Asker: 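Below is a structure I'd like to ask you about.
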Amino acid sequence: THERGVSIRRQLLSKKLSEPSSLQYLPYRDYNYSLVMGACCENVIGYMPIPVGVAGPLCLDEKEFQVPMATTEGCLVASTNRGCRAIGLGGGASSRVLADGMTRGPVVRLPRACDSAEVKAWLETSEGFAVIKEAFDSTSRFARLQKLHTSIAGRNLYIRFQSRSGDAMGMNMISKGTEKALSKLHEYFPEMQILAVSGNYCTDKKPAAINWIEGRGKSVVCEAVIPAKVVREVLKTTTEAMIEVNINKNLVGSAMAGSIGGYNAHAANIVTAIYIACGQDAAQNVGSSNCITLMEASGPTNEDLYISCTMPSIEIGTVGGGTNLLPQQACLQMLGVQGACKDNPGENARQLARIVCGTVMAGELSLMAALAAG
Amino acid sequence: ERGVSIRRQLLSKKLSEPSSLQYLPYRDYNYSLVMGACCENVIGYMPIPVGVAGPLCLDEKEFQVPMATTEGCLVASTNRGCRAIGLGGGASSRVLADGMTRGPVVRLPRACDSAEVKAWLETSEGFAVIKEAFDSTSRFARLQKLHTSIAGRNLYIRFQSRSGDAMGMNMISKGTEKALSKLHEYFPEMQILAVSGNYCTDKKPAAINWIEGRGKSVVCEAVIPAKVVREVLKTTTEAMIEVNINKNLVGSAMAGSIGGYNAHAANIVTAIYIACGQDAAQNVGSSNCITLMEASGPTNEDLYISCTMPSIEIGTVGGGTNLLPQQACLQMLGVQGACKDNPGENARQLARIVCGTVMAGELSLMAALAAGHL
Amino acid sequence: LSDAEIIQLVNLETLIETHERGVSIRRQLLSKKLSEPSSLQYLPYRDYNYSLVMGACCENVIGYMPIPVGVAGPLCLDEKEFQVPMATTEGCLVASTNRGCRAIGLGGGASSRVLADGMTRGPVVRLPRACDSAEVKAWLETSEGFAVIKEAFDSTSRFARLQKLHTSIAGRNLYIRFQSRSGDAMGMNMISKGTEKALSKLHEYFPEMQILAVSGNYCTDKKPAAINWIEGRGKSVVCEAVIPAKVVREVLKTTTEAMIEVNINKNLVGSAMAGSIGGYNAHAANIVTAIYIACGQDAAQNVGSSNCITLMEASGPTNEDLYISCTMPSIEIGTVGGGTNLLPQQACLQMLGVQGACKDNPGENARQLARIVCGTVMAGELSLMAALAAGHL
Amino acid sequence: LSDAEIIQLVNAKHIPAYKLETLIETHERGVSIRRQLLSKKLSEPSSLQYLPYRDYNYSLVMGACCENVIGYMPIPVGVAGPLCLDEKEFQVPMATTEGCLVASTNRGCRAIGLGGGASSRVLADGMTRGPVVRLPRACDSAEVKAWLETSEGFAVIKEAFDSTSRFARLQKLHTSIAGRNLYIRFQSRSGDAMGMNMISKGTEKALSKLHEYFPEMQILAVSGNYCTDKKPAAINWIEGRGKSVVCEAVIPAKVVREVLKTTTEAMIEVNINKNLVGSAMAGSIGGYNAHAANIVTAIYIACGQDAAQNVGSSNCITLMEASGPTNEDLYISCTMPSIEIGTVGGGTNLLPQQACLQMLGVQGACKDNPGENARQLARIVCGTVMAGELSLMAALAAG
Ligand SMILES: CC(C)n1c(/C=C/[C@@H](O)C[C@@H](O)CC(=O)O)c(-c2ccc(F)cc2)c2ccccc21
Ligand SMILES: CC(C)n1c(/C=C/[C@@H](O)C[C@@H](O)CC(=O)O)c(-c2ccc(F)cc2)c2ccccc21
Ligand SMILES: CC(C)n1c(/C=C/[C@@H](O)C[C@@H](O)CC(=O)O)c(-c2ccc(F)cc2)c2ccccc21
Ligand SMILES: CC(C)n1c(/C=C/[C@@H](O)C[C@@H](O)CC(=O)O)c(-c2ccc(F)cc2)c2ccccc21
Ligand SMILES: Nc1ncnc2c1ncn2[C@@H]1O[C@H](COP(=O)(O)OP(=O)(O)O)[C@@H](O)[C@H]1O
Ligand SMILES: Nc1ncnc2c1ncn2[C@@H]1O[C@H](COP(=O)(O)OP(=O)(O)O)[C@@H](O)[C@H]1O
Ligand SMILES: Nc1ncnc2c1ncn2[C@@H]1O[C@H](COP(=O)(O)OP(=O)(O)O)[C@@H](O)[C@H]1O
């Protein structure tokens, strides 16, 4: 029994604590550890309950979504809910997925820079790419290599592998594919040393200009027009005040702070709340939060508010990892995107990415209105 | 709980799959603590598996670190890093700075006027007046410094202050409002555009946080004996150093990273933050870290490692730390709540634990990448 | 008419005969507006060929500014020896660079490779909605879409060959980065004309599209930008060399170990602490600037052309020798057009054997010059790093 | 006694070509001879034909500005103006080989002049040097950092630093740790000099003093790239380096129409989408402008500044807004936090460059208010950049 195994572990742990009675408030009973153990967590001593609230309906692409948000930050859900209301009263939001492809960026080294330059040229030919793709794609049915971006630093060569991965976030799958392609590359260049399967050129879980500029995972754009009456009555401000704050805070302020990818008010709050509720990798909030929020006067009198959010690097999935646990599957089902999209692999993950971008836009609208109105 | 059950009933009627909520738990949870403080429109809670890594031998003390995660092998890998550190005599850490920030943006009619306000804020009399207004909002709010930046007629003011054992965003924002109200008495022509002009910078990647710090700045170090590198980490000191330089330094530089000179600090920070009731969205800046390794000892075979994190945003009082399950994890570490005798000591100790655990995580993953053990 | 008579008619190159006199009159007129009338006394203007300058390189000309030119070399690069001209007013720069060349020469020379070649222009256009700009982005990503744009782009010149497109969306805005070869010219003018033509063609397919600016800062030209560092701009070059232990000791006055420790902690860790993007070197900008001024390049392009990462490591059977490499992804350079049309700067290009067009292999002179710049930067890095390591200031 | 004899003697493996001047009794002759020696090593011996070398005062250059001199490179100098700034009019010299740069800048000055002029302010002044030192352990480096942050520690360091020059005044110390490494950014005024030499000397003295209190400390490099000098860096953009300046102006609607050939609305739309959004898409730190580097570079070459410093000196954010009764006037401002400039020392010691500094009325030291000539020049650069931004933006907006 897994539940008793966790029980004993807590007893064994209890003796090493200065306050052994602390564990009494950490839950562990009535939980399915079958799905957890050997797949999601080790040395398990219980679980941490995170409150889940709902924001919506989010009117996006002619559909209505009830968005689950796991958070301990007061007013986050209520504020986001107000943004959804403004969007709904304005006829809804529209979104588009611009790119899709998870990456892995290993670093290999050759004896000389002249050699790494030779390897770079070969990878850039249609023939070089084709053989590397064949080796990469042979690891899984969903791993389809789309492109390579190679960069050198002397005798070092950084290779950014970008690939589709069905409805999965893709890290494991893309990593397995990269290992096989690097092995194949080694057969063509025996003098090549594989330094690390990840040379930080992906880039995974670290802020990086490469993710902002080339994208990682899903690149999405969302937009909406909020009528002047709605800006006044629901957001309690004016279109002019919203625009002035957007330019001076999200553009100029972020520029003064030396930000790369942080041209928004609080995309990270929304991304994180949705990620925790839906079994995503919350640590990926680092790059997934990249966003530029733009606002413009619209309509016959420049009284309406046009808003758009562009997020080039949303790392998300509806199969694998934490999405295999039942409570998180319930949240994915709420959105209608749980598991693989059998009819068209990747569609569930793309829909979830659009929902994230649309919810972020609702969050931006609400916070900006509050800052503008005081 | 009855209101929650009813909200769930109403919500289920708007879903494409009315049974979605079946596996989303909600019973046997105390919502009196959540309602009106941590979350709104509550429909239940999301259980995140909690594992333990340790003991972490830090500053002559041993810690059992709780980590909430759904990523397989993260806890086990971190645990291996702790083992290597423990076998090497432990780690040492130091808090270099402490101060949460808020960076509002105000505007004057002309750039010549904003320059005038700036010179004023830089005199001892100007700062004393602002500090008096700022510090009157709370017993624990003490303004340490001001950093101002001009962009034409706009002026960005970065207020930095201690906040006891609280993360401090609320306290600092209140003090900022009072200080600005006071500044407006001296400059009636000044317009307060937004209490946050993204110059803080909160929840967005920013060079200012990396360079000037935000929250707690911490450094930690350890020396791993050659025999431990071989037997516990399964690699050599030379392989570790080569990977650190080419991945964490050169690779991050090729990717255009600001503050991402590490392997996976974000994973550790996020896991600890969720378990301990911190703001997980703050993982964006809190994850900033530079990992350095070098050879030491009699024969240059031992491994010296250090991790420097200039912007850990953390607290042991307020927000999610008011909930019982998260207090249990803080108690496990011996840092729950306020430190009555020396305000801020519990928060500082938690920051040191985070930096030491990150270092354990870096050691383990780097060894795996170096040895080619995936 | 006398000078005093021409002045009263004013209260020039087309009016007066010779150019030197036009400049002389302009100087006399300007003098009146000066609080110190004799300011221009030491600003030379005589014996200079203004015919190549007027209506091409500068306007409202009042003379010329002499910049001292020194020579560093021989630079042993790719089995050839170069005598590098450097225009500078900074003491010890030429001597220091010369020392670096010596170390490289004593070590058997340096090797270099051009990894990429393509100047860029990044305009910004707008559509009524983001859903529309997304459609345009998708259209440009098709083989047929790119085919038509390339056709329009390429028709503007024999040397204009569009290699690729990189598009980025920001709401209803679309930034398009055009990249193309340009023979031996730096290519900004050629690429800008091709861009204009390609955008007109694009407008035929999407009439609702507004061309906001031919340059939307997505190029990026003369501003520090991560896009140039990551995707390159102009010529991307890498050079390397191995300096024998004996040479490090006797010529550079230090040790391989001290050099490596300084490189890692200054060029890597220090630049990381400073929040630098592309500045992982000691002083590439000094060399780039000195060569650019001497060879008629656009000195303002030093901003991105200076991007460089310098790496050092122990080498040889005993790990005693010094391996060094410099990688510069965005060298914006040319041997035809602009300042390279002036005689004194052509003299410096001729010294290097790269002046003008390479009729046999277009672009070869510009590529060779880029390799020389990267090799000279490496010589400069070696020398300054050795000085910092040994403490010889 | 003859060039041919001297050359034969040199070729007899006795003297390197660089120490020619220390043997001949005339600088110009050493140059002439070095050219002849260089000629025989070129694939094309006549290449030096059009590179001038005669009628130039090499006494100021040798041993101070350049070595192995073979001549000089003439850069055309044009004038843009008058630039109406702070109730004064300036005639700005610009050395460039880029067509239309001077004419375009001149058009921007005209628009500014017709609008009543520009206003500017110097917000900060202080050159920096950022050495890197190492302690045995990170716990030791943390200790040095805490010590430097005390009033006593700073006082001791300031005393050693300031003793190098009367113009040197250590304003602050920004330290950052990376494990056992400690980066210390020294910032100080330097009179009218750009200050790199003075600040480096003071840094060396301060580090020697610090080493007396921490003998375990190793000085790795007087410059650890934390200055940061001649490399793009967020620290310069955020904390400033040299002079931080802001300038502004209001261009009347009629002037935007008639002189700039566009509208206020078109200019604002281009500024936001190019200088703000475009630069953000490109991942720029400090490059929120159209072409500040062109103006900075042209002025720097003409005035004897260090042109390689264009890297950080060109940092600039250009902002435009609708202003006036009907929101048709154009308000513009340029903010440059890191202008590295000086009116004494280096290239400013040469006569032709002093002529350009005199044209602006800022040549040499300001006798009655040290640093005032350098500050005035920084304001001129920022105002000229603003004129350049106005003109190019109008051209891009109008098509
Ligand atoms: C409940 C929440 C949406 N939320 C936050 C605060 C949100 C923070 O987490 C992120 C924010 O710091 C990002 C930024 O704007 O830089 C604020 C708020 C923000 C800035 C401020 F100065 C004072 C209060 C706020 C105000 C009204 C309603 C909800 C609010
Ligand atoms: C369980 C975990 C510690 N964890 C991760 C992978 C961890 C990732 O989340 C972060 C990582 O992506 C950061 C980076 O290094 O860029 C890997 C791993 C990492 C990179 C790779 F190519 C293959 C496997 C790994 C290997 C062995 C044991 C644990 C591991
Ligand atoms: C003649 C020159 C090559 N050059 C420079 C100084 C070079 C500077 O322009 C760039 C440098 O500042 C870049 C950097 O290192 O960050 C120095 C020098 C550098 C730092 C120092 F503290 C003192 C002197 C130097 C020393 C010996 C020989 C030539 C030198
Ligand atoms: C003479 C000059 C003022 N100058 C330049 C070109 C200026 C370039 O050096 C810098 C520019 O590239 C910076 C940028 O905006 O990214 C252009 C120009 C600029 C961009 C373009 F697509 C076409 C022409 C231009 C147009 C009219 C008048 C002068 C101009
Ligand atoms: N529609 C789908 N999209 C992606 N993966 C799918 C799908 N259906 C099934 N799978 C399988 O589930 C796995 C995805 O989870 P996992 O292996 O943990 O990798 P990842 O880290 O990408 O989530 C793959 O082994 C794949 O074969
Ligand atoms: N005035 C100078 N002009 C050009 N190069 C110089 C000059 N002084 C020194 N050098 C360069 O520096 C190298 C070092 O010479 P020097 O400083 O005399 O030291 P050492 O002779 O002890 O090696 C020389 O080989 C030369 O390349
Ligand atoms: N205003 C100034 N700013 C910077 N350096 C200055 C200034 N005035 C003088 N100097 C420096 O001091 C040197 C000598 O001038 P100064 O100190 O005034 O003494 P003196 O009495 O010999 O003129 C000059 O060569 C220059 O380097």
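The sequence lines are taken in order and lettered A, B, and onward as chains. In order, the residues displayed for chain A correspond to 487-860 in the PDB entry numbering, which applies throughout. Using the PDB entry numbers, chain B covers 489-862, in order. The numbers used for chain C are those of the PDB entry, and the residues that appear cover 462-472, 481-862, in sequence. Since chain D takes its numbers from the PDB entry, the residues it shows come out as 462-860. Order of appearance sets the numbers: ligands from 1, and atoms from 1 within every ligand. Worth knowing before you read on, the calculation uses all heavy atoms, side chains too, and leaves out hydrogens, waters and symmetry mates.
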Asker: What drug or investigational compound is present at ligand 2?
Answerer: fluvastatin
Asker: Help me with this one: what macromolecule has the most contacts with fluvastatin (ligand 2), named as in the PDB entry?
Answerer: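 The largest contact count goes to HMG-COA reductase.
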Asker: Name every other chain with any non-hydrogen atom less than 4.0 Å from fluvastatin (ligand 2).
Answerer: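 By letter, the heavy-atom neighbours are A, B.
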Asker: What do you reckon, does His861(B) have a nitrogen or oxygen under 3.5 Å from a nitrogen or oxygen of fluvastatin (ligand 2)?
Answerer: no
Asker: Considering only heavy atoms of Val683(A), which atoms of fluvastatin (ligand 2) have at least one such atom less than 4.0 Å away?
Answerer: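 Near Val683(A), meaning under 4.0 Å from one of its heavy atoms, fluvastatin (ligand 2) has 22 (F).
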Asker: Nearest protein heavy atom to atom 7 (C) of fluvastatin (ligand 2): under 4.0 Å?
Answerer: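 Protein heavy atoms within 4.0 Å of atom 7 (C) of fluvastatin (ligand 2) - there is at least one.
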Asker: For atom 20 (C) of fluvastatin (ligand 2), which protein heavy atom lies nearest, and how many Å away is it?
Answerer: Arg590(A) NH2, 3.5 Å
Asker: Specify the protein heavy atom at minimum distance from atom 30 (C) of fluvastatin (ligand 2): its residue, its atom name, and the distance to 0.1 Å.
Answerer: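 Answer, as residue, atom name and distance: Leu853(B) CD1, 3.9 Å.
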Asker: Which heavy atom of the protein is the closest neighbour of atom 13 (C) of fluvastatin (ligand 2), given with residue, atom name and distance?
Answerer: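 Here the nearest protein heavy atom works out to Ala751(B) O, 3.2 Å.
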Asker: Would you look up which organism the entry lists as the source of chain B?
Answerer: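 Per the PDB, it's Homo sapiens.
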Asker: Nearest protein heavy atom to atom 16 (O) of fluvastatin (ligand 2), by residue and atom, and its distance?
Answerer: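 Minimum-distance protein heavy atom for atom 16 (O) of fluvastatin (ligand 2) reads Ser684(A) OG, 2.7 Å.
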